[PDB]
Each structure stands twice: as C-alpha cells, then as structure tokens.
Asks: 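Quick one: structure with resiniferatoxin.
Convention: sequence-line order gives letters A, B, ...; per-chain numbering from 1. The figures here come from the full heavy-atom set of this structure, side chains too, leaving out hydrogens, waters and symmetry mates. Per the header: electron microscopy, 2.9 Å. As a textbook-style caveat: the illustration shows part of the entry, and contacts are counted within that part alone. Whatever order the structure lists ligands and atoms in, that order sets their numbers, starting from 1.
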Amino acid sequence: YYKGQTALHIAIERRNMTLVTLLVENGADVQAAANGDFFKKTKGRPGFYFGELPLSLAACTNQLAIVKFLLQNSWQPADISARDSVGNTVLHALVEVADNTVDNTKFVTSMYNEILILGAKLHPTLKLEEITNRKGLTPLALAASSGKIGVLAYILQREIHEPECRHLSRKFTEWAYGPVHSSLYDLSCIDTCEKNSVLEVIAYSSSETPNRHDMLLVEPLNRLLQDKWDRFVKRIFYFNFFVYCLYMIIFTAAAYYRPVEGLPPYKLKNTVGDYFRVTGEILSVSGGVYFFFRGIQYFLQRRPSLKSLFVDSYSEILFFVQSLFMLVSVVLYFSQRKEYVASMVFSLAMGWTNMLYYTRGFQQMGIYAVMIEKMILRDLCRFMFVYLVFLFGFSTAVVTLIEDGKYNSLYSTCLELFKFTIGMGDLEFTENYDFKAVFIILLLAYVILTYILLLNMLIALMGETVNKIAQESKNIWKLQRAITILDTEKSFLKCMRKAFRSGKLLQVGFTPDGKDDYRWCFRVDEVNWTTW
Amino acid sequence: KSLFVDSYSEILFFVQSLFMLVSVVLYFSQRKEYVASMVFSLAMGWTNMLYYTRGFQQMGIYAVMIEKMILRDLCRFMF
Amino acid sequence: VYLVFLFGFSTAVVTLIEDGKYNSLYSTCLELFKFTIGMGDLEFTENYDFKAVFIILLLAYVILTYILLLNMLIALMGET
Amino acid sequence: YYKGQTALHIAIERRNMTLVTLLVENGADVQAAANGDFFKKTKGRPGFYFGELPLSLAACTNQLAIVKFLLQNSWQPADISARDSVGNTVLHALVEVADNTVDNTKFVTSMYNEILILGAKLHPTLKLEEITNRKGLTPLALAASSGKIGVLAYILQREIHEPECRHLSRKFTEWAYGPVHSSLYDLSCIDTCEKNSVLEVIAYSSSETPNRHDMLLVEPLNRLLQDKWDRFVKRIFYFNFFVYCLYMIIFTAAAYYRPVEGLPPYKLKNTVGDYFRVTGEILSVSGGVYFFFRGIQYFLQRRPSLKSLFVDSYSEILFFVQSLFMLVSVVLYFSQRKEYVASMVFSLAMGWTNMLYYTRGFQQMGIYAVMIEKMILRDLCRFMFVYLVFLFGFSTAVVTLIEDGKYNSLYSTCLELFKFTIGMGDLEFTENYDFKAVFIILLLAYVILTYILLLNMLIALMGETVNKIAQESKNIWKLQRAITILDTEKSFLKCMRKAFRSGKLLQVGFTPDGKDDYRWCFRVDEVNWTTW
Amino acid sequence: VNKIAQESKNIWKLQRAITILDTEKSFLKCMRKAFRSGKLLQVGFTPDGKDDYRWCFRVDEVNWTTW
Amino acid sequence: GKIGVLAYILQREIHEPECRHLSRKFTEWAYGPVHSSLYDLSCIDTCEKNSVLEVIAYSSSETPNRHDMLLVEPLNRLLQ
Ligand SMILES: C=C(C)[C@]12C[C@@H](C)[C@@]34O[C@](Cc5ccccc5)(O[C@@H]1[C@@H]3C=C(COC(=O)Cc1ccc(O)c(OC)c1)C[C@]1(O)C(=O)C(C)=C[C@@H]41)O2
Ligand SMILES: C=C(C)[C@]12C[C@@H](C)[C@@]34O[C@](Cc5ccccc5)(O[C@@H]1[C@@H]3C=C(COC(=O)Cc1ccc(O)c(OC)c1)C[C@]1(O)C(=O)C(C)=C[C@@H]41)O2
Ligand SMILES: C=C(C)[C@]12C[C@@H](C)[C@@]34O[C@](Cc5ccccc5)(O[C@@H]1[C@@H]3C=C(COC(=O)Cc1ccc(O)c(OC)c1)C[C@]1(O)C(=O)C(C)=C[C@@H]41)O2
Ligand code: NA
Ligand code: NA
C-alpha cells in the first residue's frame, strides 16, 4: 500500500529542507519510486499521485528550493528525465496535479517554467517536452487531453525573456514598431504531428474532458482554426453542402413520383420519366450506402463509449440512422413488401432535417441548431415523461368514463386529449357517457394542468438564460466547426499540401548548438497603447 | 396550515385512497356513480407518479416547480 | 430551419399518401403549416397505408416545431 | 428681474465671510427681499429660488458660518421666522432646494438640524416647523407634497442627542434593556391635523410627486398604515367586499331573468318570481345611483387635472362608468327602447371586472391587479395601434382581392384575419378571387408578421422585468392600500374614535418651559446585536 | 432571477432526505446495515483514561494553499 | 432553524490540548495538499429522541432555514 516510500519522501512531505539535505548527504536514493497503491491515481481509493519520485514530489508540493537542491546537489543529482511506472516525468506530474483553479494554476505554471529553465541549463541537449509516457502523450498533449486549460494556456503562449532560454519559448516577438507588435506562435505539435496534436486531442475528446469547449478559445488555436477555415475548408464545406442539396432534391423527386401499383419491385417502362425515376432511385440508394459506410468508419475510428455516443457524435448518428432507414427500405423493396415506403419516408424526413448539420460554418444558424440539439438531448425526456404521465392518466380516466362510444379506446381518447395541446381540443367530442359533470371536470382539469406544465417548462428553461445558453452554444458551435475543419483536412480529396498553414519562419537561428530553428510559426499582430 | 405547503404528496395519495374507497362503497351500494369516483382515483393514480420523480434531480426539480405552482400561484390567477 | 423541417415532413407525408385528395406538395405543406397556427387537423386524410407511420410523422413534426419555437424564444431572450 | 438684490446677497454668493461681516457692520439690511423674477421659481425662465432672504441664501448655499453670524451678530440679528413673498421661511427654502440626491440631501439635512438647534436656543418659545407658507404648508407638509423623500425621511425619524434640544426630536427612545430597545415616533401632523397631514398629502398627490410610491416606505408611515389596517380597516374593507358581492349577485340574477317580450317597461305580474325580479332591479338601480354620486363626490373633492385623471383615480373612473351605463340603461328602459339591454350588459360586465378593485388588501392579488391596470394604461395603446395597422392593411388588401364574394367587406375580412390571432384562422375561408397565389401569400405574410409583432411585444415587456415591475407594482399596491385606509377612516360609518391610534404617551415631559408634552406617539421595537 | 432554480433544487433535496428517512424507518427486513460510516477511534484521549469511539464519517478534501 | 450555529457545531474543530475531545470535526490524516477528516455523526444519524436529520426533515415548515440546513457538508454527504 505504502510500497516504495522512504525517508526522503517523508522529509519532502514535511517540507524540511534540512532533513532532505542530510538524507541526500547520507546516501539516500533520489530516484526511489514510491509505487504503492496510495501513491497511484486509484480513483476508488484515497491517495495522492505525484509521479512517485522525490523530484516530482517536491515539484508537485510547491517546494522550489528542494527541487533546485535535488537537481544539482553535490552528492547524487536527481535525474530530471526520469519516468515513473506510468511513464510520467516531472512535467507530466505537474500537468496531472492541475485542476484549473487560480492558485493551483499559478504555482503549477511557475514550477513548470522553473523546471524547464533548470533542465535547459543543466542539459541543453535534452528536450523534456518531447518525452512521452506509456500512453504516448507529451505534457502538452496530456494537458490538452485532461482539459487542464490553465496549463495548456500557459504553454501555448509561453514566452521566456532571458539569454540562453529563448529556444524554450513558444511565443516570440518578430518585430515591434510603435504600439503595434507582431508575435509568432510556434505551432509545433498543434497543427500536426505523428500521434497527438493539440487540435486532434481536443476535438476528438470523449466529452469527459472538463473544458473541451473552452480550450479552443486560447488565442493561437482560435486564430489558427479561423485561418484554416477561411483559407482551405470554407469552399470545400460549401461544395459538400451543395452536393447534399442535390442529393436530397433527387431523393425527394424520386420518392415523390413512386408508382402506386402494389407488389414491388416495379417493372421499368420504356419511357423517359421512368428512366429518370429509376436513375434517381439508384442515386438515392448509392448515397445511402455512402453514408452507411461513412458512419461505420466513424464509429470504428472513434469507438464511442455508449454515453459519449449521444451527447457527442450526434450528427453522425443521425446520418447513420438515415442510411439505415434507406437500406431497410431497399431490402423491403426487393422483398416484395410495400412496407418499404414506411422506411423510405422516414429516411426522407431525416434527410431533410440533417440539413441542420450544415448550419455550422454560419455562427448564428449554427448556434440555433446547437440549441435544438441540446434541448432534444438534455431536456426532452424529462418534460415528455411528465406530459405523457398527465396525458395517459387523464386519457385512461376519460376512456373509462366513456361507455360503448365511437372513441371508447386508449388510442382515440389519447389523440383527442392530445388535440388540446395543439389548440384543437373539441371539449365536447362525445356524449356516450353518464355523469357529464365528471367528463367536463376531467377535461378542464387536464387543460389547466397541461398549461401549468407548459408554463413551468418555459420558466425552467428560462433559468439557464443568464448568459449560460448563449456562451455555451457559441463555444459548442466553435468546437463543432473545429471538428469539421479537422475532418475536411483528413479527407482533403486531391492530395493537396496547401492545408499546412502559417509558413516556415525562423524564430532565433541560435539553438543551444550552432544550428538554426525553423519551426513553422504563425503570425499575429497586436496593438498595446500602454506599457511603452 | 402546514398541511398543504408540506405533506403535499401524502395528501394526494390519501385522497386517491378516499376516491377508491368511495368507489367501493358505491359499487356495493348498487349505484353506477361508483364509476365517477373510480375514474378520479385513476387519474390521480397516474399523476401521483410524479411523487417518484424525487431521486432524479432534474425531474424532481420540475415536479417541485409544478407542486409550488399549484400551491402558491394558481389561486390568484384562477380567481 | 422552420422551412427545412416543414418541407422535410411535407415530403415524407405526401410520399406516404397514395392517390388522395391532397397528394401534392402544396396541399400537404399548407396542411402541415396549419399546425403552427393552431389549426392542424391531425386526421386530414386516410388515403394511405401504414396509419402508424402517418400519425408518427405528424406527432414528430408537431413536437419538433414546438421545440423550434421554444428555442427561438430562448435565443431571443438571450439578448434581453 | 434682479429687483431687490443688495450687496449682502452678492457677498453671500461669492462666499466672502469678511465682506458679509463688513456689510452687516456698516448697516446692511439683513431682511432685504430679493424678489426679482430671477430669484423666483419661474420654471419657464432661468433663475434660482432660495427664499429671497440673506439668511435663506446662506442656508441654501451650504454656508453654515454665515448663517450663524447672521442669526448671532451684534449689529442686526436676522429674523429666523421671516417669510418671503411666497410665505416660505428658511426651512421651507431648505425643503424647496432638495432634489433627493445624496450630497444635496446630506447638506440640506445638516443645515436643517443646525437651524432648528439655533432657533431653539435663541427662541425657545418659537415653533419654526408650525409656520405655514401662503399655501398653508408646513416644512414637513411641503416636503411630503413635493416628494422630497430624503428630507421627509430625515424629519420623520429625527432624534437630537443633546440637552435642551430633546423637545425638537420626533423619534424618542423609550427604553433599552439589552440589544432590544423601544422607540417612539411623534405622529404629530402625520396621523391627523387641521389642514395637511403627511398621509393625506402623500396619498392624495396629483401623481406628479416624483416619490409618492417610495415615501410610504419610511418606517413610521409603513408601520402606522399596517397598524391602521389590522386594527380598524381590515374588517370594514371585507364587509364592503361582501356587500359588493351581494350587489353583483343580485344584479346578475335580475339581468339574467329579464323578460323577452318587446317594448319595455314591462308589466309587473302578480307572481313571486316577478316580485323578486323587480326587487333585484330596484336594488341594482339603487347601487348604480350610489356609485354615481360617490364618483361625483370623488371628482369634486379631488379635481383631477385630466392627465392625473387616468394614471391615478383609475378604479374611481371604472366604478363611475359602470354607474353611467346603469343610468343610461334606466333611461332607455323607461324610454321604451330595447337598447337598454345594450347598456345593461356592459355595466354587468364592468360590475364583475371591478371586483379586481378589492384585490387590494391581498398583497399578491393586488400586485397582479396593479400589473393589469398599468399594462392597460401604459402599454395597450402602442401595441394595439401597431397591430391594428397591420390587420387593417392586410384586410384591405384581401378584401380588395376578393371579387363579389360572400365576405367582400371590411368587417367580414377583418374578422377572418383577426381569427388568426386567436388560433382559428381558416386560411382558405373563400375562393371568390383570381390569383390564388396572391391571396395565400397575403395571408401567410400577415400570419408571420403578426407572430413577429406578438414576439416583439413579449420581448419589449420582458425588457422591464429586471426587478422593476415587481417592486414598482408592490409599492403601487401599498399606495393603493394607504388610499383605501384613509378613505375608510374618512367614512368611519359609526362616529368611532378608535381610528386615532398609538395612544397618548409622555415623551419627555420637559419642554423649554415647565409644561409636560404628550405627543401621541407610536411604539416600535427594534433589536441591534452590534454597537453595544 | 436565480431564485426559483436554487429554491426548487433545495426543496428537492429536502424531499429526498424525507424519503431516505422514511425508507430507513420502514427497512422491511430487520436490517442493521443502514447504520453507516463505521466505528472509528477519533482521539482516544477522553478526560479520563478511556478511548472514544464515535461512529465517524470520513471525508477527503484537497487544499492547494496553506501548506 | 439557526443555520449559523448548526453549521458551526456540526464541523467544530478545536486545536489545543485538553479540548480535542470537544471537537466534532477531526483530521484523520494529511499527506500533502490532500487530507482526510472525520465528522462525528453523534446525534445526527440516530439517537434516542431528536436526531438532526429527523428534526430538520420533520419540521413544521415554520423553521426558517429547513431548505438550507441540509446544505451543511456532513449532512449533504451523509444523505447522498
Ligand atoms: C435523438 C435521436 C437520434 C432521434 C433520431 C430521429 C428518430 C429523430 O427522432 C428523435 C426522437 C424525437 C422524436 C420526435 C420529436 C423529438 C425527438 O430525435 C432525434 C431525431 C430528431 C430530429 C431533430 O432534428 C435535428 O436534430 C436536426 C439536426 C440538428 C443538429 C445537428 O447537428 C444535426 O446533424 C445531423 C441535425 C429530427 C428526426 O431525425 C427526424 O427528422 C425524424 C423523422 C425523427 C427525428 O430520435
Ligand atoms: C392540491 C389538491 C390536493 C388537488 C388534489 C386533486 C384534486 C388534483 O386537483 C387539485 C386542484 C386542481 C384542479 C385542476 C387543476 C389544478 C389544480 O390540485 C391538486 C391535484 C392536482 C394535481 C397536480 O398533479 C400533481 O401535483 C402531481 C404531483 C406533483 C408533485 C408531487 O410531489 C406529487 O406527489 C403525489 C404529485 C393532479 C390531480 O390530483 C389529478 O390528477 C386530478 C383528477 C385533480 C388533481 O387539488
Ligand atoms: C381604461 C378604461 C376606463 C376602460 C373602461 C372599460 C370600457 C373597460 O375598457 C377599457 C378599454 C379596453 C377595452 C378592451 C380591452 C382592453 C381595454 O379598458 C378599460 C376597462 C378595462 C377593463 C380592465 O379590467 C380592469 O381593469 C379591472 C380592474 C383592475 C384594477 C383596478 O384597480 C380596478 O378598479 C375598478 C379594476 C374591463 C372593462 O371595464 C370591462 O369590463 C368592459 C366591458 C370593458 C373594460 O376602457
Ligand atoms: Na391555438
Ligand atoms: Na386553434
């Protein structure tokens, strides 16, 4: 449980610099791994994860003096690149202990900066941030994956002002004339890399990342996504929208002019209209097959966890279900069952409502579509359950009261009471009962209770309008557009290389060795009228 | 005075029971009016499902809103 | 968005209808628009098979339309 | 224009103490009246009113040293009780210059207190606050009339902690045991007096008083009104409500069973039902006459200015109009015109809606009734104008399009288009036209524009829901209840003296002379857990 | 204005608490497991020489300041 | 409904010798930024006559803070 803990860990925990100094002087092993269950993540038990090492323990506890001693003592220096059983180094541990609170973010940022400076000074040829843990994540990738927006924000626009540490910066100042200055953002492992770019990690999160909506608001990421949109993806997205418009028009035309004789499949007549009809049907089935395979590819690549399946990946599910209805329609069509129509129309309806998928790329319409999606996913079940409880209760009461009437059934009475909700309730739809007072009292009570329900729905949804819905929907729309951008880049359709944006600029030209550093920078201009 | 602002669900269940028992009495009294009682109980029997929305945060909150709407505000506007 | 929903469900319903009195985009679009103004018949035709499909489409259209209007209300309230 | 201005006024204006001292030493007249048009209220011209006297000029300009010198010089002491052409003294002038701002209220309060102390010291037998101006108003009554809530609030709970000034206080501390103490408020010229009590002045304001809603929130007034309600007026108000319920029930019964034969008046048949009917009719006419004379008495006593007529005095107008409809019905009845029914039903409808008058006395119901009243008075005309513009425009277009149809008239087409607002629009109500596309386009445009109008009405009214409507309606309800209390006290119905509340208590018993002062004080218990 | 949401949430919490207490009072099978949180020695130094077991509830917290 | 006094008592911790036993909140251990504390639960979970949970839950509705008293940390966590 406490396996691996030794006196050096105890000394660091108690914040006793003298005891740590004596223990290191007396031959304590500064690389000892406290790999007991207490020192692991272990969400189902109490504990504290810090990287299992004395150096990462000192770093995680905001003890800079002990870190400086351990790294560069006289007897046994600590290995700044050491990895624990998970593969995490000190920087990975510092990312892990972040929780996006103010003081935690401040001290974690400061400790991260100090670790980088000391590592560069002691080991100029060591690139700490390129070291990956057993999951293959760098500290930047780990911060992006875990949603540590504070540490991510610090790293992305990190600028270090001192000699022999410029190469560690990721934000550079290219020039400054007056109040205007032009800065450069590094974008290594953000735009693209071998395994885990920041954009890929954020966009393809599992929806359990706490700040997936907010991480994209960090300046270089938002500007990079807007640039990618305007330069490369806008035209391709509009072309896809146009093609989908043509597909849905052809599907609507083919379905509208279906033959009405029974027993499909139908013989092709030697006439122009039927050649157009069968061509449209073939194109409709082809598009359905295309969306079917696209949905399968998406689900295989992402592997949703059946809870992230719906709160994310919503549009992919809708397109896949549309294709499923299309394929079931084809199977029923060739099975000589008229019921294929029942499938086809559903696909047709879905095929038009999925037009809302393309509202992303338009800020306001995309926000409205996001509101619709989240209302369906979050709020619909609660209100529909309560409304259906009231409807079914009063329908059962009324149909029990009715004796051998025209209605006298759950379906007819439920529909007739539902008509009150749409402003079409008759209120005298039958007289096949005794106790007219009971009938009218039940209907009036149902009407009043239904209006109470709808009024409470309105009030309850108004509780979230205090700046929450607008900003939340806007950020969700931005995330959806980012996902669209990344998918479009992955497809790219013509083996084009212009998707690699921001050009190849020289930051310093003086690395720790005599080589230069071209690092694919992105330029951002800013104006500051104070702090001259 | 605390009878309705608290203990609301207990009253609704008790009133459902009262309608059921009146229905039984009318049934064995050879009065068709028992149906008039029974249907009311039936209606209440379904709306009392809202009692079980507690244990679900959002649904329970919505049911609480309905309860307080009826108890607090309904009489003023209906008058 | 409203016209997208209206046209999609109109196309589905008119496709479902066979040789009816309505049986056209104009008539079905108008008849579904009547739901928005509180005049939707909900049984305006029987010239179809699969009554369950017809009623399911109409109920889904009604619920989605009320969701649209409610979200429109909330979105405009966001700026008040 | 500058008539009456002397060198002393100029010296005070320039804030030159030395020049004022020299001028008074050299025989300047400290009672000179600067009664030029520039120094009067004169809302249509520039100027500055200060009371026309050097003493009130110094007081209004926040120059306490000059006030002390003028009152306590050696050569010619200023007359602290002097009155200007309007009859205003220095205290009236200080009330006049108040505008309910923070700094103005602070310095006016301080100057008022200092002048009272100086007047008591120099003239212990002089009661400055009992001096009335030409309008008959004391400084307290003037503050209440003009809506100077800051000065009124200061005066009503004024307490002066020093010997030989206790008699000037209006708030007195009866006892204090621990954190709990009992205060006594004076009530002189608040509960009742000869000419202008504070309650009468506030309640019967012309609606131009800026703070008539807020002045009643000052502690002694709110407590006194609640006490008056609970002790005296609650039962009488409920009795009046019950009597009005009986009156409306009798009127409804008499109107419901009217005979259907033509040509009134109708012969009384020797049968029980007709005796009850004619008795109910006689009682209905008697009540109408009663409300008619009550309305005339109200309008004669108050004399509304035809702008305050509607924004205030709303319920009195509704009751008077009900009585007018009743009397017109009687005249038509005996004139052998069946049109009397047309009048009677309107009165009947109004007779029931005037039940809302009695929602005062119930906080929430009264607030809701106030919301209804203010929505009708303030907002209805704007939205009705815009809606009627749209309705009439589209009705004229549609009826012009219709050619020799069954509708083919402004009334029928306007009614059919109005039906869309209530969820009953046919949308195919006629086919007597050419250009069906034009007809349907006009109707759809009308529907969409009408929903836009209603939605913008909703948003515009929501624009004022940020704590304004609730608090404003609550304060208006409190004012209405105060008016009801005062009217009930004025009626009093049995020559009862119990309306004089709070009992006759001995506040100090040590006036400037050897007399003891009983001042009819109101007791309030307060608890303070700090400032031991 | 932020009032009805929080008020309804707190009322729901109170209603659930009432449900919990009623369920414990019923308990349906003469079960004793409803007495939770276990018997722990808090201090072990009472005013006399005895130790105190007080049936305590364990809660973990993290504070990144006041080291 | 004296929520202030209730909140003070329920999580009372006294840091001095010879008065530790009076504490109802006790710190079991503290490793680093994380620590584990113990709440007493005496007369809260159960007792002879009037437990805190029974008193709060079965109030007459005249208790001013019956809604808010359950938000005190040990009670909310215990109920969950
Ligand atoms: C959530 C699931 C996947 C869902 C899939 C189908 C069955 C759907 O019924 C629902 C259940 C339902 C039924 C009736 C009213 C509301 C909700 O809602 C959606 C789903 C509900 C929708 C709502 O419309 C939209 O969400 C459009 C849309 C918005 C945002 C998007 O990012 C999007 O990407 C495709 C699409 C429309 C239907 O697909 C449709 O057209 C038919 C015939 C039924 C609707 O199931
Ligand atoms: C408040 C009293 C006890 C009440 C009891 C009956 C008669 C009731 O009529 C009312 C009066 C009424 C009638 C019509 C419209 C609104 C209110 O409302 C409730 C009461 C009103 C309701 C409202 O539904 C609910 O409150 C469900 C509910 C919500 C929260 C809960 O904690 C709950 O616990 C059981 C139940 C439904 C009826 O019981 C019902 O189904 C019938 C036939 C009439 C409703 O009287
Ligand atoms: C403002 C004037 C005096 C008014 C007087 C009459 C004609 C009235 O029509 C109005 C015009 C009107 C017509 C139709 C809809 C709205 C407004 O509104 C009121 C006035 C409008 C009302 C509104 O109902 C109320 O104001 C009740 C009420 C609320 C608060 C009160 O303090 C109150 O004291 C009596 C009464 C009801 C009518 O009197 C009524 O019952 C009939 C037949 C027409 C209404 O004219
Ligand atoms: Na309607
Ligand atoms: Na309707």
Asks: Which parts of this structure should be attributed to resiniferatoxin?
Replies: ligands 1, 2 and 3
Asks: Return the other chains, by letter, having a non-hydrogen atom closer than 4.0 Å to resiniferatoxin (ligand 1).
Replies: A, C
Asks: Of the residues in chain A that UniProt says bind resiniferatoxin, which have any non-hydrogen atom under 4.0 Å from resiniferatoxin (ligand 1)?
Replies: A:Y314, A:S315, A:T353, A:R360
Asks: Which TM segments of chain A, numbered from the N terminus per UniProt, have a heavy atom under 4.0 Å from resiniferatoxin (ligand 1)?
Replies: 3, 4, 5
Asks: Which residues, given by chain and number, make up the 4.0 Å heavy-atom shell around resiniferatoxin (ligand 1)?
Replies: A:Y314, A:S315, A:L318, A:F319, A:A349, A:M350, A:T353, A:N354, A:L356, A:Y357, A:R360, A:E373, A:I376, A:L380, C:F5, C:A60, C:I63, C:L64
